[PDB]
Structure formats: C-alpha cells, structure tokens
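Entry with vinblastine: notes follow.
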Amino acid sequence: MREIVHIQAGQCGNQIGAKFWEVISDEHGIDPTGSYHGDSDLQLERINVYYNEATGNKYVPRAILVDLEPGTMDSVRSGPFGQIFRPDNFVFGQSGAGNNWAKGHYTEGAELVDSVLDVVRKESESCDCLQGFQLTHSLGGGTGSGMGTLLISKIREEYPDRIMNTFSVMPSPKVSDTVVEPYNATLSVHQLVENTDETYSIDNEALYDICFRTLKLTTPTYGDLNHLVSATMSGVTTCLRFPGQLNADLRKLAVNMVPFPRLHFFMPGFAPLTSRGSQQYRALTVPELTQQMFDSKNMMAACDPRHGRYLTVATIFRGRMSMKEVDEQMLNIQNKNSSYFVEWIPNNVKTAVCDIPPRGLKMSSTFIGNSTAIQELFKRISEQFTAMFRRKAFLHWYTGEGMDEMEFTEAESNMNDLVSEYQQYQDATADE
Amino acid sequence: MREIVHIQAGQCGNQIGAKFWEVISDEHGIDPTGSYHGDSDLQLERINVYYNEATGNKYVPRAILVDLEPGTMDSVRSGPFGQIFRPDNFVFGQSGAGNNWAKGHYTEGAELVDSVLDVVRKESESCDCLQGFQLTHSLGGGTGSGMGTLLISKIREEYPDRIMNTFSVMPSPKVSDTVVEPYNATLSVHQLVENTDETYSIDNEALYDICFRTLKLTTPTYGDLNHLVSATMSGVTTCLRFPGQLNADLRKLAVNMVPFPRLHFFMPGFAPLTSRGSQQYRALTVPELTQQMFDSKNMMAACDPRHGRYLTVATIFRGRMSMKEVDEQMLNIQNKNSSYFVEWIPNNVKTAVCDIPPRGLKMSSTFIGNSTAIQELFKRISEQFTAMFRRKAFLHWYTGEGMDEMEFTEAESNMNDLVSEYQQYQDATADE
Amino acid sequence: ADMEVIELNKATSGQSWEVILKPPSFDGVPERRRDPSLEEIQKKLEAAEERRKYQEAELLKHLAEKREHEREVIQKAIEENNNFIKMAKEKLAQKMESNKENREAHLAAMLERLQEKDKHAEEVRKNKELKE
Amino acid sequence: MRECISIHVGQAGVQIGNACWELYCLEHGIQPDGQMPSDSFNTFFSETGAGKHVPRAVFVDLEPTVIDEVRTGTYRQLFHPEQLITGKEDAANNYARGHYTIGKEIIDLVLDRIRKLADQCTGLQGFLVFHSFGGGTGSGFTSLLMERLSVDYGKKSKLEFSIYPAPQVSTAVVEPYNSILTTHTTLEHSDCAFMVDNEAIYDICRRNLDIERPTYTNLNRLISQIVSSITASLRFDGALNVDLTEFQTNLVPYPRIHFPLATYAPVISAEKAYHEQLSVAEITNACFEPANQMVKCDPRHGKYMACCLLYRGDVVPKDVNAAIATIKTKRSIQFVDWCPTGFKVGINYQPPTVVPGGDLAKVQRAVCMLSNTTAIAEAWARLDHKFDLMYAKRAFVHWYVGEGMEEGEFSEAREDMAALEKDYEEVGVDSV
Amino acid sequence: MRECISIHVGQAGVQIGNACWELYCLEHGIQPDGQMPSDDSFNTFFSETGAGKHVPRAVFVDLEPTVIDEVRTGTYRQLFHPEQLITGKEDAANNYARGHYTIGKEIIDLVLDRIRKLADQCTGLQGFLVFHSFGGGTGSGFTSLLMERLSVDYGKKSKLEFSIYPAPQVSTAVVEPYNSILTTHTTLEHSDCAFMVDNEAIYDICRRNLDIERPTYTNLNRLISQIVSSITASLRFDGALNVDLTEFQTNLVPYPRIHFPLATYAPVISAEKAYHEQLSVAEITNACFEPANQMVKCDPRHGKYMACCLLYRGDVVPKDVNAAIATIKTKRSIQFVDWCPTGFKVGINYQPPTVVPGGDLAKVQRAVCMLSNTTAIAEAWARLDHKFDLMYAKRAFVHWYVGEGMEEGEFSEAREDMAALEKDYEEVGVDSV
Ligand SMILES: CC[C@]1(O)C[C@@H]2CN(CCc3c([nH]c4ccccc34)[C@@](C(=O)OC)(c3cc4c(cc3OC)N(C)[C@H]3[C@@](O)(C(=O)OC)[C@H](OC(C)=O)[C@]5(CC)C=CCN6CC[C@]43[C@@H]65)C2)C1
Ligand SMILES: Nc1nc2c(ncn2[C@@H]2O[C@H](COP(=O)(O)OP(=O)(O)OP(=O)(O)O)[C@@H](O)[C@H]2O)c(=O)[nH]1
Ligand SMILES: Nc1nc2c(ncn2[C@@H]2O[C@H](COP(=O)(O)OP(=O)(O)OP(=O)(O)O)[C@@H](O)[C@H]2O)c(=O)[nH]1
Ligand SMILES: Nc1nc2c(ncn2[C@@H]2O[C@H](COP(=O)(O)OP(=O)(O)O)[C@@H](O)[C@H]2O)c(=O)[nH]1
Ligand SMILES: Nc1nc2c(ncn2[C@@H]2O[C@H](COP(=O)(O)OP(=O)(O)O)[C@@H](O)[C@H]2O)c(=O)[nH]1
Ligand SMILES: [Mg+2]
Ligand SMILES: [Mg+2]
C-alpha cells in the first residue's frame, strides 16, 4: 500500500472534501495553480500519496468529484483552490437523488456509476503504487449515502486487495436536511460495515454541540461544522502524508486499529477546538491537550469515551513539542484511566509526533480511537429508524424506487448486530 | 626392524611433532637445510630409523604432517625447522574438524583419510625393513582424536605385522575450556585400546601441574609445556635412535613392556625438570637423579606411582657417568619400596645407559612405566564423560554427524573395563 | 689310603691319566618313541603357521567389518539428511499451496457476496420501471 | 577461506546491518568505497578484480525507502547493485503477508542471488541472519528465507540476530503474534539465535549513555558493538581469540536450547569520564549485573548451562583469571550440575573501536558475555502471555487468516512455545 | 677326517664366535686372511683352500643383519669364506615362538642345506659345536629348531652346545626365563652335551679379578673364549683326553637327560696390578673347587658328584699335578654318588696359554680348566623355573608367544620337562638301587 485516490460524494462530501483539499494544500505549501511554494524540503514528502505529478512543475490533486446535482459542481471552482482539480474527473449529474438513498444507490446512481468507475482506472492505473481509496460522503442525503456506497461496493469488487477508507459524516436531527435521514444512514451503515476496511465516524450532532456550546455560536452554519471537520481530517491523514513511521500506511493503520472486521468505525477526537477563520488562541501545552481524549467535548462523534472501552488508539501530535514529555503525559492518561482501555490488547494506545501543525493551530492533538462507546451513535440512528419504521412511514419513497421492505429489516438487523458486537467486547475481560 | 614412519595429527600433534623433530635433529647434528654438521661419527649410523637418506649430503625426516586446518600447515615452515620435511608429505585439508571427534573420525576425516593412506604407502615402500608407525596426536580436539585414530585403524588393517606406537597427549579441564573434550578422549581411548600396540599417555593436567610451585613459571602458553613433552619424547627417543642395545626396537620394547594386550598405556616420567628460560647449570647428582623419576612430581601422566603397582619399568640414563652407581641406585630404590613392583614379574625394572648425553645440562633421565595407577587418569576422563553423558548433553554435535548413542556407551564401557583390568592386576598376588 | 693311577693315553701335543682315590661304593642293574622324524616336525610347524596366519586373518575379520560399519554410519549421516530435506520441501510446497487455495477461495466467496448485490440491483428495476 | 554470508531482512535487519558495517569497516580502516592501503577480515568481506573489498552480505526488504537510504547515504558504492534486493509494498506488520503474500514474489529472486555470492566462497561455514521479531518481513520473510535455505543449503549453519519487541520504542499491536509465529517456524532451522530486547538496550543508552530520547542511530550503535564482539573472532586472529562456531558448541547443548544471553561492559558516553581508566575486575562482575544485558530477565534466579566470556584490547590473563575467581567466591551464580567446565574465556587483540561521530567513548578494554541461561525463558513467557491475551478473543487474527493463514497455525505456534518453555524448565532439574 | 662344525646362532652365539676364532688364530699363527707362518690337528677347525688360505669350518646365523655385518666389515672378513655368514632381515624380538616357528622357518631350510656343503668337505665328521644364548629370540628358538633338524639331517651325530645362561645384570629382557625353559625342553634330546655359562658368574670375576667395574661383551667374551679354547684342548691340538667329541658323553654325561657339566677356569690374571710371582699347581688346582672362579652360580658343597676332567694348558709335569691333588683331597667338602667312582680323568696340554694382544687378560705360563658334572647345577634350573612359574601363574607376556602360533599347553609341557629334570638331578642323591 503506497498511493491514495480521493473520491467526493454529494453536497456534503464535495464541500467537506474541498475544504479538506483547501487545508491540506496550505500545510504542504501548494498554491491554487498546482505548483509548490513551501519553505522547507519536508512537505513534498512523497507527495504522490494525495497529489498526482502533473505535466511539468505542477502537482494536481488525485481527487474524483462526484454528484448527481450540478449545484455543488459550479460552487468550489469559483471559490478557493477549486481551479486545482483535473477537468475530466468532475463527474456531473443533471438529474439528482433528492436526499433519497434508493434513488442514489439504485435509480439515478446506476447511470453515473459506470461513468465514475472508468475515470479512476485512468488514475489508479497511472499510479506506480496503490494504497486504496478514501471517500468523503454524508449518510443523510441521497448522493453520498446512496451512490457513494454503490461506488464503495463496485470498487471493492474491482480492487479487492486495497483499503477502503471513509469519512462518513452521518446525520443529526439537530442539523437535519430531511425526515428520511435515519433510513438513509441505516441503509448505508449496513453497506459500510460490509464494504469498508476502515471508517471515520463524523457525527453531525457532535459538531453541532461543540459549535452551539463550546464555540457558543447561537446559530451554527455548515461552514462552522465543516471547519472543525476539515481540521480533524488534516490531523487524521497526517501519518498518511509525512514520514512518521507509525501506521503511516493505509494497511498499517487498519492492522493497528481494527481487531475484528466489522468493528472498523473510529471515533475521531481533535484538540484544541477553534472558531472558523478567527481565534488568536492562548495555546495548550503537552499536559493541557493530552487528557482531552477522555473529555467528550473534544469528540467528533457524539459518544462519551468513559462510557465504553478503547480497543485501539492512535494519538497524533502536530507541531514542535518535546516528544519526551509528549509520551510521558500520554502514559499518565493510561495508568490513571486503565478502566477504559482493554487489558486483552497490550500497548493498544500508540503515539505519533510530527513537525507540520494544522491551519492557525501552532500545536494540536488528534485521537483516532476505536472505542466500544460508538455503539451509542448507532443506537441513536437505530432508535431514529425504528421510530419511522414502526410506523412504516415514508417507505413509499423507497418501495416506489424498486426497493423491498426486507431490505430495510436486514440493514436495521445488521446494525443492531454491530451494537451488540461492540457491547460484546466492552463486557469482555482477560480472565485471570 | 630398522626403519620408522612418523605421523603428526592436528594442531597439538603437529605443534609437538615439529618440536620433537627440531630437538632430535639438533640431538644428532642436522642443520635446517638438511645437511650434517655433528661433531663425532657414532650418532651417525642410527639416523636411518627416523630420517630418510636423501639425494646428496642431506637427510629428510620420515614424517607425514596431517591436519584438516591449514593453520598448522603454514606455521612451522616459516619458523625454525619446517622446510626440512618433504613437500608432498604435507597432506592437509581446508575444512577443519572443529574440535569434534565424529567430524574428524567420520565426516571431514573420510575425504582426507585415503589421501594420507597413500603418502604412508610411499614412505614405507621406500623402507628396507620398517619397524612400525608412531603418531603424535591429542585426544581433546577433532583432527588428532578423530582422524588420528581413523589412520591408526586403517594402517592396522593394511600393516597388521607392525607396531602402532602413540604419543597420546590427552585433555585436561585445567588447560582447555572446550567442553566436548571428555567425549573426544573416551571415544579415542576406546579406539587406542583396540588398535595400538603401545601408547605414551601424555596427561596435560600433569604438565599443567608443572607450572610454578617448584616448576618456575606462573604464566604458560603451550610451547613452555611443549618444551617438557619434546624433552620426554627425546628422552624416549634415545633407545632405537642411538647405538645402545636395550629396547632398541619397537617390538622388543612392547615384548618387555606389555604383559597383557589392553594394558599398553605408559606413564612417562622425566628428570631433571627444567624451565624453558632458566637453567640449573652445574648441578644434579646420580642418587638425586634416581629419586626424582619415581615420584608424582616428575610424572607426565597425573597419576601417583605409589597409588598403584609397576608391571614393567624402562629406565633410560643420558649421562656419561659410571653405570655402577646408576644401577646400584636401581637395585636399592626397589628394595626400600618393593610394594610398588609386581612380585609375579621378576626383574620387571630395566635400566639403560647412553654415552652422549644432552647439551643443555650433562645430567638426563627418562622413565617409561606401565603402572596400574594409570587407571586414575581414565577414571578422571570417565568421570568427566559420565557428567555430560548421564543427561545426554552436547550429543547432537555427534548424533547429527551420523553417530549413534550406543557408540558412546561401548566407548565408555570398554574404558571402565580397562580400569577394572588395571585394578585386577593391582590386587593380584603371586600366592596361588 | 692309596692314589691308584691308570694312565689314560700319551701324545705329541699333550698327555692324560686317570686317578681313582676311593673305590665306587656301588655296582648294580640301572647303575612309542620313533624320535625325531621330519614328517612330525614339519606337521607341528605347518599347524603352528595354520593358527598364526589364522589369528592375524581373524584380526582382519574384526577390522574389515568394523571399517565397513564406519562406511554404513557415514552413509546414514547423509540418508537421514536427505529424508529430512525431502520432508522439508514436502511440507513447504504443500503449505504454500494450502495458503493459495485458502485465500483464492475467500476471494471468490467475497466476489459472491458483492456479486449477489448486482442480482439485487437487477430485481430492483424489475420491481420498478412502471408507466402504468 | 571460512566465509560467512550476512543476510539482513526488514527495517531492523537493514538499519542494524548498515550501523555495524560502519563499525566493521572501522575495525580495519576501510573507506566508504573499499579503500584500505598497507588478511583475516576476508572471511566477512570478499575482494574484486579491480582490487577493492566487495561485501559478502545481502539486504532484503519488501519496502524500498529503507534500502534506498543506504544506497544513497554515506557508505555508498562499497557494494554492487545485485545484493540490495527490494519490493514495492511492505508486509504491513503482518507475518502471513511477509511469509505467504508479498514474500512469495521475492523468495525465488533472493534464492537466485543467494548462490551467486555463495559460489564466490571457497568454503562457507553458514549464515548470519539479521531480523526483527514484530515486523512483517522480519518475521514473515525471514521465516520463509530460513525454511527455503534449509532446503537450498541443507545442514549448513544459520546464526540469527533477532530484535525482541519493546513497547516504548515505535511498534505495532500485533508484534507478539509475529514474534511467536516466526520462532515456531525457525526452531528446526537456525543453529543459534542471539536475541536483543529493544527495552533492555533502550534502558542502558538512557541509564548509562544518558540520552533521554534515543533514536535507532543511537540504539543500533550499541547493537553493532555487541555483534562486532560476537563476530571479531572470525574477522581477526589474536594469540588465542576463540572462533564463534567452536564455542557455539559450548553454548548449544540441545537443538532447541540455542538462545544465548548477550551482555556488554563498559558502556560509557563520549562526555566526561576521561579519568578512572576502568579496572579489569569491575567489567567482569558487570556481566552478571542485570543492568548491562541485552535481554530483560534475572540470571540470579536461573541456572547457568554455559558461560562464554569474550574480551577486547588491553587485557592480561592473570587479571582476567583473578576476576573470574572473585565472581566464583563473592557471588552465588547457580551453575548446573551436568557441565562443569564453567566459563569459556577468549581474549581478542583488537582495541575497542568506536564511531567518531557517535555517542560512545573510546576505552582501553571491553568485555562481552554469551552464557546459555534458563533465565531467557522469562522473555518468552512475556511474549506468550501477550499472544494468549489477544488470541483468547482472536484479536487481529482475521488479518492473518485473510492472507491465507490457517487458524490452527496459531495454536500450533503457541504449542511450540509451550513445549520450548517446558524444555527450558526441564534443563534446570538436576539428576539424582 | 675328525673335524668339528661350529654353529653360532643369535647375537651371543655370533659375538662369542668372533672371540673364539680370534683365540684360534693367535695360537696357530693364522693371520686374518687365512695364511699360516709354517700340529697336524689344526685341520679339525680349519680347511685348506685352492689359493692357500685356511678357512675356519663354522657357520654364523642371525635373523638380524648388523651383528654378522660387524664381522663382514671387521679384520677377519677375508678369514671366513664370503657366503659362510647367513642373515635374515627382522630379528626374533626376544620371543622363542618368533625365532622357532615364524621368522626362523623362512631361514631353516637355507641353513641346513648350507651346513650340508661344509659337512661334505669332511672325511668323517665328529659332530657339532652349537653356540647360543638362553634369553634371546634367536639362540633360544632358532637353535632349538636347528638342533631338532640336525638330528634328522645328521642322525646319530654327537652335537654339543654352549648355552649362555641369563643374568639380570647384563642387557636382558623380562621374558628371558620363558625363552630359557622353552628352548631346553625342546633341545634336551637333540643335544649330547651342554656347557652352560652364566653371565652373572662371569660378570662377578671381572671387577674382582681383571679389575673392570662396568665391562662390555668384548671383555665378557674374551673370558668365555678362554674356557671354550680349553674345552677344545685336544680337539684343536692332538691330545690324549677329549680328542673326539663323543669322548665327552662317555667320561661325563651318564644319562641322556643329565648332560650339564660345570666349567671352571684358573688363573684369572689382569695386566694392571704390577708383576706377581708365577704361581703354579697346589695354588691354582684348589682354585677349581673354589666357587668364585666358576662359570655357573653353583655351590658343589651339597651337590653329590659324578665325574671330573682336570684340563691343563702350559708346561705342567704329572708329578706336581698328582702332588697338588694330594693337597686338595686331604679333608674337603666334596663327595661322589655311590655308583660312579672318584675318578678324575686328568689331562695336560703342552701348549702355552694364548691371550689376545689388544685385550685386557695377561700372558701366564700355566692355565687349568675343570669339567665337573655336579647335582649343584640343578640350583640354576631352580632359579629359572621359579621366575617362569611367577610369570606364567598370571600368563604375563604369554600372548606374544601364542600370537606367533604357539599353544598355551606348550608352556605347561616345557615346565613339566624341567619339573622332571629337577627330580632327575635330585633322585641321583640316594643310596642307591
Ligand atoms: C591455551 C593453554 C594455556 O596454557 C592455558 C591457559 C590459556 N592460555 C593463555 C593464558 C590464559 C589463561 N587464562 C586466560 C584467559 C584469557 C586469555 C588468556 C588466558 C591461563 C593463564 O592465566 O596463564 C597464567 C589459565 C587458564 C585457566 C586456569 C589457569 C590458568 O593459569 C595457567 N585454570 C586452571 C582454568 C580453570 O578452568 C580451572 O579449571 O581452574 C579452576 C579456571 O576456572 C576457574 C577459575 O574456576 C579459569 C581461570 C583460573 C577460568 C575460566 C576457564 N579458564 C580455562 C582454563 C583456566 C581458566 C592459561 C595458555
Ligand atoms: N534496534 C532496532 N529496532 C528496530 C529498528 N527498526 C525497527 N525496529 C524495531 O523492530 C520492530 C519493527 O519491525 P520492522 O523491522 O520496522 O518492520 P519490517 O521488518 O520492515 O516489516 P514490514 O515493514 O511490515 O514490511 C519494533 O520493535 C521496532 O521498534 C532498528 O533499526 N533498530
Ligand atoms: N656373554 C655374552 N652374552 C650375550 C651376548 N649377547 C647377548 N648376550 C646375552 O644373551 C641374552 C640375549 O640374547 P641375544 O643373543 O642378544 O638375542 P638374539 O640371540 O640375537 O635373538 P634376537 O635378537 O631376539 O633375534 C642376554 O642374557 C644378553 O646379556 C654376548 O655377546 N656375550
Ligand atoms: N458537516 C456537514 N454536514 C452536512 C453538510 N451538508 C449536509 N450535511 C448533512 O448530511 C445530510 C445531507 O447529505 P447531503 O450530502 O447534503 O445530500 P446529498 O448531496 O444527496 O449526498 C444531512 O444529515 C445534513 O445534516 C455539510 O456541508 N457539512
Ligand atoms: N600440550 C599441548 N596440548 C595442546 C596443544 N594444542 C592443543 N592442545 C590440547 O589438545 C586438545 C586440543 O587438540 P587440538 O590438536 O588442538 O585439536 P585438533 O587440531 O582438532 O586435533 C585440548 O585439550 C588442548 O588443551 C599443544 O600445542 N600442546
Ligand atoms: Mg519496515
Ligand atoms: Mg640379538
């Protein structure tokens, strides 16, 4: 595993993914033309991981922008950086999913599916090495949840020996776009649990709650929620972009993070939490940002870390800080909190220290955790699903698109199976 | 019975044979070119026993230098006496035994065995009347203990009517830290008891015990101890090597020394004991000369002479004095201690007087005894063997080479059989 | 007492005489064979050679069969290695193939689960596509 | 004559290999290409037609950048191209990946280059394999390389240099899985195995070398010193500088019991301590002090089956002999009943050579200890517990099974360790 | 005519041969080539050649060459006829079975077809004079084989031997008593008479008479030669007593088994201790009965006598000899057996006592030799048998003999002969039927 092809899906996915490319570029030092402008030599550290070596001094990003609506396909190019992406990979859709999973995964998706699954074998075949493919998609709408999972299933069928990484920005009723969201999510979670090697669970409720309460924005905008969302993506992809030698590969991450196939949903945690395009900051030192892994107020997935047990943890430290103290204080959050870390997986918490920090943040901490507490997120979605499904409400939007009632029953069943699996290893003890 | 063929085996055997040759050539009067330089004409008519009549005013020694390692084959020729030996008599292999008997007697030995069996063929065919064969080999290592006994067995099969003489410089834990030594020795002692007509037991514990106390040196190497063995060798090498008629033949010695076939291991005794550096000069008297070679402190085999009984004794005197007081002391040391001489073998102690004598110091005496006390030496080796063997330690080094577990059990059994045989005649009385 | 002289003989280069001091005290009666024969001496020597040349020949019996035993033990040293190296390749080639037909079987089992989805995405438009 | 092939496999194998070749060349005075104008070192480094010193080593890693770092770095072109073998994608810290998956593609190619260096040897002894325990290649590929070499080379020697996993230094959660899996498949193969615990060495370059955060450069600089001490005896010839294969015999009494314990003294940093010199007696008792050893365990609570003491430079026998007497008297070092013997001593002429741009200080005398102790089982016991902890719930097992591995292969591997622990437990017992 | 063939076997036989023949050259005047300066009886030991030289009628045999090569390189090389000296390659290594059964077997036929040719030059050969050691391999192995073959090849021809009894004081092997007993048992019936010479007895009359502390075989044999060249008195030169070798069995040997006389010689003179008075009879006649001047360690003060032969060399008149006998007969510890009388067959030879010019023994005007068959000789066999029984009890060195093809029973049979012979010498001392 050596080079990653990025895919953007739907309104959310295309916006979060663009804002990711917007923040990832200024870290490495790439201008909106494609060319490099960075200070040192340690930024273009085998850039062939996210950026494709273009016809000259240029470095075009290896991203495939996909959406069933032209609305998001005439927005980011007029905005910041957007001009950078290759023209051909902009796979447009004139029709639309209309926040319906069945339309996105079956009807409208089928026409554009084979079209997008020809623009990547003209990107991955041009890759002298290949890690896999990472997808930025929402689980609430129609294009991200529907079509996104369809590409996931199609490329897994075509490329079985690669890692399927995902940025699953799942729905919340606190920031909902549609009533049908629990149907869309459950149907895609069922697809995710079976077809992805690893997934970053980006809970909209968590983003909203850190915006509304911690950041204290009376009316949180998508941009505000996406700002923290991108800041989390930079922090996570850090290893996959710099010479850290600590699960810096897509496979090495999975083998260090997933102990059981179905339990591959990661609860991301970022610190410090910053207000979009502002913050002068007071700056948090090594001890001040270590313990913020147990504080749920720093979780990007609305699940209390102390409610469950950490199966595997990947801690990333961005910025200049003595690594000697960084591990020392990272050690104290174990010997004083041993209850929340599974005894049966020795040295399960792994630390990484880099030189490249995020946007305005001089020093940051990013906790990729595989906590059994994520069951709370799926419980919420299942509870939201069983509410409408007990009423067998809005089902005619899906059944009319060709779908079956049983197709929902398995998607639901397989999800409550996953919750019980997460509870299974939470209640599990190393005997003695 | 007028010609002999010398064979050198392994590091020890070659680093002793060359030292025996550099002392005996100097004893007669032959320079390192091959030519003669000696004073008189009396020591001349006896060189034909150990030296070959060469193509001119020179004499080449009848020696076959054998070793599986080239280390000892590029050492003595660069030193003092080495180029004197015939070039085609330097039959040496490249891949050594590695202090393993099974490797030397079976594996690495087999390839070079038939090769040396052709060198000994040529030298003995060029012999008018061959006496026998004498081998200088150690019992601790692999080449001497292993290959040496293999030549012994092969020669005995090819030349059944010749005497097999040996200088068996057997191992001690006081001088060498190699662990397998008791295995190497026991396995070769079993070969020696069956395939040699006569053997000089050179106990390295005895010459190690000849260190400082009243021996002059705290820090030895090997050469300093090799000084004593070459002096003991040159001490024996004055019977069938000089005009004197005593045991002036290899067979005549055996018929006068071995009363029972298996009891052919001789405890050599040399006096006066001199250090390699310091000199006694104008000292040592005839009654004091007789007194030394009958006590433990002068024995070349670490066995108390008063702990057993002398079956047969061969006393050699290198000193131009009157043979009256030389034998007057002989028939007075035994009347005082008649207990340590078997009554059943009349006049068992035989004296020899030669008219040279040495060059270093006018007084010299060598004793060849067949004492039942030698059982103590074999007991020690058997005790050292049964320590490692009782649990089967290091046996894989031998079993892996093709050897069997039973092969050790017979070698051990046959040796404890020899100790009981030596005790048998020790407890034997001329009563009934 | 008398010293009686008999006077033996007389010659040019020496003479001799017998002397009897005292008379002899006594006078009385005591006062298969076929020895030696060549055929018996050459018989006892032939028989001596018959056992001497036997003992040395019988010595070669214990030496020649022991030598061809060292030949079988060194032969065993290689044939035990050859029957180990055969077993080493026998296990490896079987285990390497075992892992081949193990992972190539799950790959087909994988592309069955995510192949039956295409059958479901064929039954959907069959359940859909309605102009009525 | 007596050549030795050094095979370096994985990130640890390559990096510890390049760190010691840096010292090996400094032990003679070789330049970064092969320049050393006006021996015994030709055993580890061959000679070309041009008149330069070509290496008789081979570096293999399924990932390129590690080997690329040496083919572009400081010690460049002292080697030819053929022997620095590389693949594209790594074994992603998975045994099955390095053994069955990626390793299979490179196995025949390494076992094609393997003889086109072995054929350039007049008579090679065997191999020196350098590998990690927790790495994908260091475990997977080494095991396959060892298995296949036993068919390709047969009974030939294999002396491995295993790197025991430490939690503090950068690792993977699956390291004990890879550790147990590799040893089980390398017990019947590999004649000797020198283990080096990263924790034990991390401790001394932090407690004796005062470096709070030591990098692999500092880590390997210490490893190199012990490997250079273990070797040397075959790379040089002193007065009585004992060969490793000769005392391999003294160390390995049973085929499975081939794990010696490495210890080194003195361990002093370049800063301060110009004074005091360091006495001959102090370093000898430091060998028994559990602080200065390469593997974490207590030899105080365990039985000694062997004890090989290796010395460097400024050392005299009388001071060494007295230093051994002080450990026999003042200390209660429980030696096993079946061997006495005791210690196998070996003094080397070469002074302790240090890296000029390194951290360690130049000393007059250095000592290395080999000793086969029952206490090594305590290191296996740590590994087996961690394995049984993860295996109980089958954590990360799916990653191995996915690469074609059988679930029973794990239980069989643990059964070998369960038998080997019993084997080390049995050898202490003592007979009636 | 008469004649005498001298067969020398082993190292002792040969070295004692080149001692007798030297004192057989200076008596006559025969110079090292064979030429004579010139009674009528010297031809019994020397044969006239075509060229003119006098070749001695003898044969030297040893399984080892260097000992006979010593004579072949010596001044008397041209004396003995070039092919006369027979040699083998390897010795009998002080083993009876080696010299008798194995290495001797290869040379046996060659020696008796050689004696054959020197015996054909005799016009009525008397018999043989065999010279051998008791302790060597050859001499006590080959001699025995040679003797049993001379009895088949020559029949009823009288052959006498000169055995060299082993002494611990000179050279010696541990197995000497084994070789001693084995040879006598097999050579007893094939020998008409046997003169034993104890090396100890002659070694204990050189320091105390010739004044030589550590003597060599040259000094030892120089004395032996004098007694052998006193035993051959009338054989070498026309006398009256012992004129033929059959005239040794008649006067001495009373029974086939009892054939061991005791040799004695006087005077024992050196050339160092100034110049003393020429002491004749009644001074040297009593010296014959003094056990000091004897060749065998025996005490005839207890052993019952059989016969005597007082042999003289020099100018001695019968009148003073019978006057010397009268002085010795008066009160002495000597007694004869009942049946055999006190009859000494005294003989005198006019010839002067001849000595080696480059030797140590001095020229005397008169010399005396005494042949006496005494019971006391058994305590020289008793010495040997005890040493044999001591070693054979535990079978020490027996494997060396058995190895050369010998039977273990051959030892017990040999001891049984000595056990019978000891009884034979013992039973003689009884009165009388
Ligand atoms: C190669 C033969 C030799 O003559 C014998 C020793 C080795 N060499 C070189 C000198 C030497 C010695 N030791 C060395 C260590 C390293 C480098 C060189 C040496 C040597 C010596 O000091 O010369 C004065 C020596 C060695 C030993 C030695 C004495 C000695 O001085 C002569 N000991 C007798 C043995 C020894 O094994 C033993 O059995 O004594 C109890 C002993 O074991 C102990 C202490 O228990 C000891 C040291 C005393 C320790 C460990 C094992 N070795 C093996 C042999 C033994 C020693 C002498 C020369
Ligand atoms: N002492 C030392 N330890 C190392 C070194 N490199 C890695 N390690 C350790 O060995 C283990 C990691 O194994 P690696 O060698 O890095 O992995 P690998 O052999 O390359 O196999 P793959 O990368 O999965 O293909 C951990 O204990 C590391 O801390 C090194 O250079 N020196
Ligand atoms: N008087 C005398 N005794 C001798 C002489 N040579 C040897 N002896 C003694 O006779 C015995 C030795 O017998 P040897 O004649 O030397 O041996 P051999 O007859 O040659 O038989 P081998 O050498 O075994 O073949 C010992 O008692 C010797 O001391 C000699 O020349 N004169
Ligand atoms: N953080 C974030 N969440 C979004 C955004 N857009 C939509 N969502 C959430 O995801 C769901 C709508 O998915 P969306 O991608 O917009 O529709 P699609 O175009 O058919 O895939 C709802 O749950 C929204 O709350 C966005 O821009 N940012
Ligand atoms: N006395 C003496 N003993 C030696 C010498 N060399 C080795 N040894 C001893 O003999 C044994 C080793 O035998 P060695 O000849 O070196 O091994 P080989 O070449 O395989 O026969 C050990 O017990 C050593 O102590 C030497 O030169 N002199
Ligand atoms: Mg690696
Ligand atoms: Mg002789």
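By convention in this document, chain letters (A, B, ...) are assigned in the order of the sequence lines, proteins followed by strands, and residues within each chain are numbered from 1. Order of listing sets the numbers, starting from 1, for every ligand and every atom in it. Values below: all heavy atoms of this structure, side chains included; hydrogens, waters and symmetry mates excluded.
Taking every copy into account, the model assigns vinblastine to ligand 1. Here the macromolecule with the greatest number of atom pairs within 4.5 Å of vinblastine is listed in the PDB entry as Tubulin beta chain. Other chains within a heavy-atom distance below 4.0 Å of vinblastine are, by letter, B, D.
With a non-hydrogen cut-off of 4.0 Å, the residues around vinblastine amount to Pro173(B), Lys174(B), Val175(B), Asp177(B), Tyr208(B), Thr218(B), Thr219(B), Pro220(B), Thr221(B), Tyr222(B), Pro317(D), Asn321(D), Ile324(D), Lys328(D), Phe343(D), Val345(D), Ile347(D). Looking at the entry, the name attached to chain D is Tubulin alpha chain.
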